[PDB]
2 protein chains.
Amino acid sequence: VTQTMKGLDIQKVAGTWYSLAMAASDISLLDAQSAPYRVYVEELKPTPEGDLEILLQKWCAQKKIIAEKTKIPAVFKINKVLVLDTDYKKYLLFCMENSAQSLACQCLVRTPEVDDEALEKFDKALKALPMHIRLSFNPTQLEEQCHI
Amino acid sequence: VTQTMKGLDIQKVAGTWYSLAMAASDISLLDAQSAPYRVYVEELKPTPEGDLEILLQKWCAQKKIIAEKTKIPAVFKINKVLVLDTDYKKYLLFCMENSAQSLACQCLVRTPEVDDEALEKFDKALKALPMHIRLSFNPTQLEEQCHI
Ligand SMILES: CCCCOc1ccc(OCCCN2CCOCC2)cc1
Ligand SMILES: CCCCOc1ccc(OCCCN2CCOCC2)cc1
Ligand SMILES: [Cl-]
Ligand SMILES: [Cl-]
């Protein structure tokens with residue numbers, strides 16, 4: 001992955017997000033509810049020290065993890081988290097990768113709605129990536145624990 | 001679905017195909033190996049009477065079904081099968097739909113290779129359809145029973 005958000009203000013991504021779409025390098029990273037990269041983002045909480053606290057749902061448990069910051073403002077560690085793109089107000093695109101290469105990305109949105117602009121920009125960003133599974137969820141599913 | 005292949009010669013789609021990509025209206029139609037629309041096409045055999053015999057794999061059993069012809073050359077019955085597009089020699093795009101509306105489509109290719117033109121044309125055809133899961137398989141997986 002070589003698309004990172006230039007000049008990211010991590011402070012301004014704080015608050016509520018919806019995992020609208022997810023894609024991944026291997027089907028088995030996203031196919032089941034229990035699949036390893038099937039994580040639904042609930043809230044992003046940037047620390048004052050510039051680390052990133054993530055609230056997510058995983059099959060339906062609430063979970064807290066911290067993405068520690070790096071020399072690069074758009075990259076964090078946990079497995080690396082890269083912020084591709086965001087307008088802070090509506091959408092955020094990010095990716096997760098390990099070091100084998102297993103890779104998963106998400107289109108996050110602020111509200112439980114189908115943002116077609118945000119999905120275009122998501123599909124554009126995936127054209128360069130070797131994804132073999134893509135999921136997308138409706139407004140109903142977005143308002144349920146673990147998108148059931 | 002309102003993209004059908006004009007002037008389809010069903011005779012000329014006979015022989016060997018590979019289920020390279022699959023998309024579907026609902027995740028649960030494609031997520032597991034046992035998912036209802038997770039069918040891998042092996043061979044297409046058009047009858048002289050103009051019906052279509054389908055050999056497929058389903059989780060790993062071989063299976064035979066006949067798609068009976070209709071007044072429209074690009075539409076068959078089993079649940080309806082619509083042939084969107086094909087160049088006979090390389091790719092075929094089709095869709096399956098019931099009457100609720102549960103809908104699944106496939107990019108078939110002649111050989112076990114990743115045809116980027118055929119996937120473009122597949123993605124173009126899905127832009128108009130309400131798909132929530134898409135899968136794609138590598139050359140290795142294409143040469144295995146049920147794409148394991
Ligand atoms: C731009 C910031 C968005 C980053 O959001 C996430 C980054 C990494 C994630 O990783 C999930 C890792 C899975 N954990 C271990 C297994 O149980 C669930 C938590 C999840 C969200
Ligand atoms: C252009 C012709 C391609 C059509 O290929 C297929 C059409 C319909 C299919 O339907 C699968 C229905 C599932 N059957 C019942 C459940 O067990 C497996 C067979 C499969 C391939
Ligand atoms: Cl939708
Ligand atoms: Cl591939």
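Below, chain A is the first sequence line, B the second, and so on; all start at residue 1. The header says X-ray crystallography, 2.5 Å. Order of appearance sets the numbers: ligands from 1, and atoms from 1 within every ligand.
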### Query
What would the PDB label the drug at ligand 2?
pramocaine
### Task
State what pramocaine (ligand 2) is bound to in this structure, picking the chain with most contacts and naming it per the PDB entry.
Beta-lactoglobulin
### Chain letters near pramocaine (ligand 2) (heavy atom < 4.0 Å)
B
### Query
Any other ligand or ion under 4.0 Å from pramocaine (ligand 2)?
none
### Query
Nearest to atom 7 (C) of pramocaine (ligand 2) by heavy atom, B:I10, B:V81, B:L92: which?
B:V81
### Message
So, regarding B:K58 and pramocaine (ligand 2) (criterion: nitrogen or oxygen to nitrogen or oxygen, under 3.5 Å), is there a contact or not?
### Response
no
### Task
Name the source organism of chain B according to the PDB.
Bos taurus
### Query
With respect to atom 15 (C) of pramocaine (ligand 2), which of B:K63, B:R38, B:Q106, B:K64 exhibits the smallest heavy-atom separation?
B:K63
### Task
Just jot down the pramocaine (ligand 2) atoms closer than 4.0 angstrom to any heavy atom of B:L44, in number order.
2 (C)
### Query
What is the residue list for the binding site of pramocaine (ligand 2), using non-hydrogen contacts under 4.0 Å?
B:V39, B:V41, B:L44, B:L52, B:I54, B:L56, B:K58, B:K63, B:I65, B:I78, B:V81, B:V83, B:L92, B:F94, B:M96
